[PDB]
**Q** 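One structure, pasted below without further comment.
Here is the naming used below: chain letters follow the sequence lines, and residue numbers restart at 1 for every chain. Just follow the structure's listing: the first ligand is 1, and inside any ligand the first atom is 1. As a basis for the values below, the full set of heavy atoms in this structure was taken, side chains included, without hydrogen atoms, waters or symmetry mates.
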Number of protein chains: 2
Amino acid sequence: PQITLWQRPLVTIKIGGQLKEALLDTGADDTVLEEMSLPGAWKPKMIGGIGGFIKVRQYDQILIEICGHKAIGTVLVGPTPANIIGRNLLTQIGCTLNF
Amino acid sequence: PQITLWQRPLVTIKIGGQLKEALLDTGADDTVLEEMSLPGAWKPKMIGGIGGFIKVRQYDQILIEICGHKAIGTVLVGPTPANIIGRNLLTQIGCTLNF
Ligand SMILES: CC(C)c1nc(CN(C)C(=O)N[C@H](C(=O)N[C@@H](Cc2ccccc2)C[C@H](O)[C@H](Cc2ccccc2)NC(=O)OCc2cncs2)C(C)C)cs1
């Protein structure tokens, strides 16, 4: 679909068998989700944004379904104030910015 | 134009007579630019991001030209690690996410 921006671009994602809402975030290189249950191995990593950095857990090759599209990629888990779907995954579902 | 996301969505903006590059950021409610010279009055404000928060200066109704489109709106200036064009201005140039 086409999503205009007067409102936060929140979409429904299914990951690890759970349903969550997250922001389609063109300004994020990576995808970061609030503390959640994920299967597999994971290396600790650190990500930063406005305000500073957060310690997070990097899980590689996770399957995720965004607003209906599937993609596989890296998902970071941590105390993020908001679930963010970053470019690593937006490219996969073929998301583009248009004006 | 249409902008895909394999690379950071950096565009050229002209604001306060100066040229800068900034990120089209659907994940940002507001537009925050690095320490720069702006004319007019401004109230102090505080914004937060992934790693916490930053203190910035809020300037209202600033004219800005993004990748060729003009818009008027609020611009915050501060020690942001990156110039971000948020939804307040992206709506103005008619930007939409499409997949
Ligand atoms: C509380 C919560 C439910 C929400 N609040 C808001 C409102 N807020 C605060 C914002 O929009 N705030 C913006 C912001 O930081 N947005 C963020 C999402 C977010 C929202 C709330 C809390 C934490 C993170 C999302 C933005 O795309 C920023 C922009 C950016 C890029 C480089 C350097 C600095 C900044 N990106 C990131 O923080 O990316 C982190 C990464 C992802 N992959 C790798 S690092 C500011 C720039 C204005 C939306 S959702």
**Q** Mind checking which chain ligand 1 touches most? I'd like its name from the PDB entry.
**A**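 By the greatest number of contacts, it's protease RETROPEPSIN.
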**Q** According to the PDB, which drug is present at ligand 1?
**A**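 You're looking at ritonavir.
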**Q** Which other chains are in heavy-atom contact (under 4.0 Å) with ritonavir?
**A** A, B
**Q** Which residues count as the binding site of ritonavir under a heavy-atom cut-off of 4.0 Å?
**A** A:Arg8, A:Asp25, A:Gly27, A:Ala28, A:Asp29, A:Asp30, A:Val32, A:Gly48, A:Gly49, A:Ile50, A:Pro81, B:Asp25, B:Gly27, B:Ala28, B:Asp29, B:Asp30, B:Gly48, B:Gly49, B:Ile50, B:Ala82, B:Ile84
**Q** Looking at ritonavir, does any of its N/O atoms fall within less than 3.5 Å of an N/O of B:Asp29?
**A**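 Such a contact does occur with ritonavir.
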**Q** Please check whether A:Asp30 reaches ritonavir - meaning an N/O of the residue sits under 3.5 Å from an N/O of the ligand, judged on distance alone.
**A** yes
**Q** Can you find a protein heavy atom under 4.0 Å from atom 29 (C) of ritonavir?
**A**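 Within 4.0 Å: yes, protein heavy atom nearby.
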**Q** Students should be able to answer this: which protein heavy-atom is nearest to atom 24 (C) of ritonavir, and at what distance?
**A** B:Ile50 N, 3.5 Å
**Q** Which residue and non-hydrogen atom of the protein lie closest to atom 9 (C) of ritonavir, and at what distance in Å?
**A**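 Nearest neighbour among protein heavy atoms for atom 9 (C) of ritonavir, to 0.1 Å: B:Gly48 O, 3.4 Å.
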**Q** To check your reading of the model: name the closest protein heavy atom to atom 18 (C) of ritonavir, its residue, and the distance in Å.
**A**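 Here the nearest protein heavy atom works out to B:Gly27 O, 3.7 Å.
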**Q** Looking at atom 33 (C) of ritonavir, what's its closest protein heavy atom, distance included?
**A**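 Of every protein heavy atom, B:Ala82 CB, 3.8 Å lies nearest to atom 33 (C) of ritonavir.
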**Q** Look at atom 39 (O) of ritonavir and say which protein heavy atom is nearest, naming residue and atom and giving the distance to 0.1 Å.
**A**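 Minimum-distance protein heavy atom for atom 39 (O) of ritonavir reads A:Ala28 CB, 3.9 Å.
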**Q** For atom 50 (S) of ritonavir, what's the nearest protein heavy-atom neighbour? Residue, atom name and distance, please.
**A**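 Closest protein heavy atom to atom 50 (S) of ritonavir: A:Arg8 NH1, 3.0 Å.
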**Q** Can you pull out the closest protein heavy atom to atom 3 (C) of ritonavir? Residue, atom name and distance to 0.1 Å, please.
**A**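 So the nearest neighbour among protein heavy atoms is A:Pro81 O, 3.5 Å.
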**Q** Within the structure, does A:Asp25 bring an N/O atom to less than 3.5 angstrom of an N/O atom in ritonavir?
**A**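 Yes; at least one N/O pair falls below 3.5 Å.
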**Q** What protein heavy atom sits nearest atom 35 (C) of ritonavir, and how far away is it?
**A**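 Going by distance alone, atom 35 (C) of ritonavir is nearest to B:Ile84 CD1, 3.7 Å.
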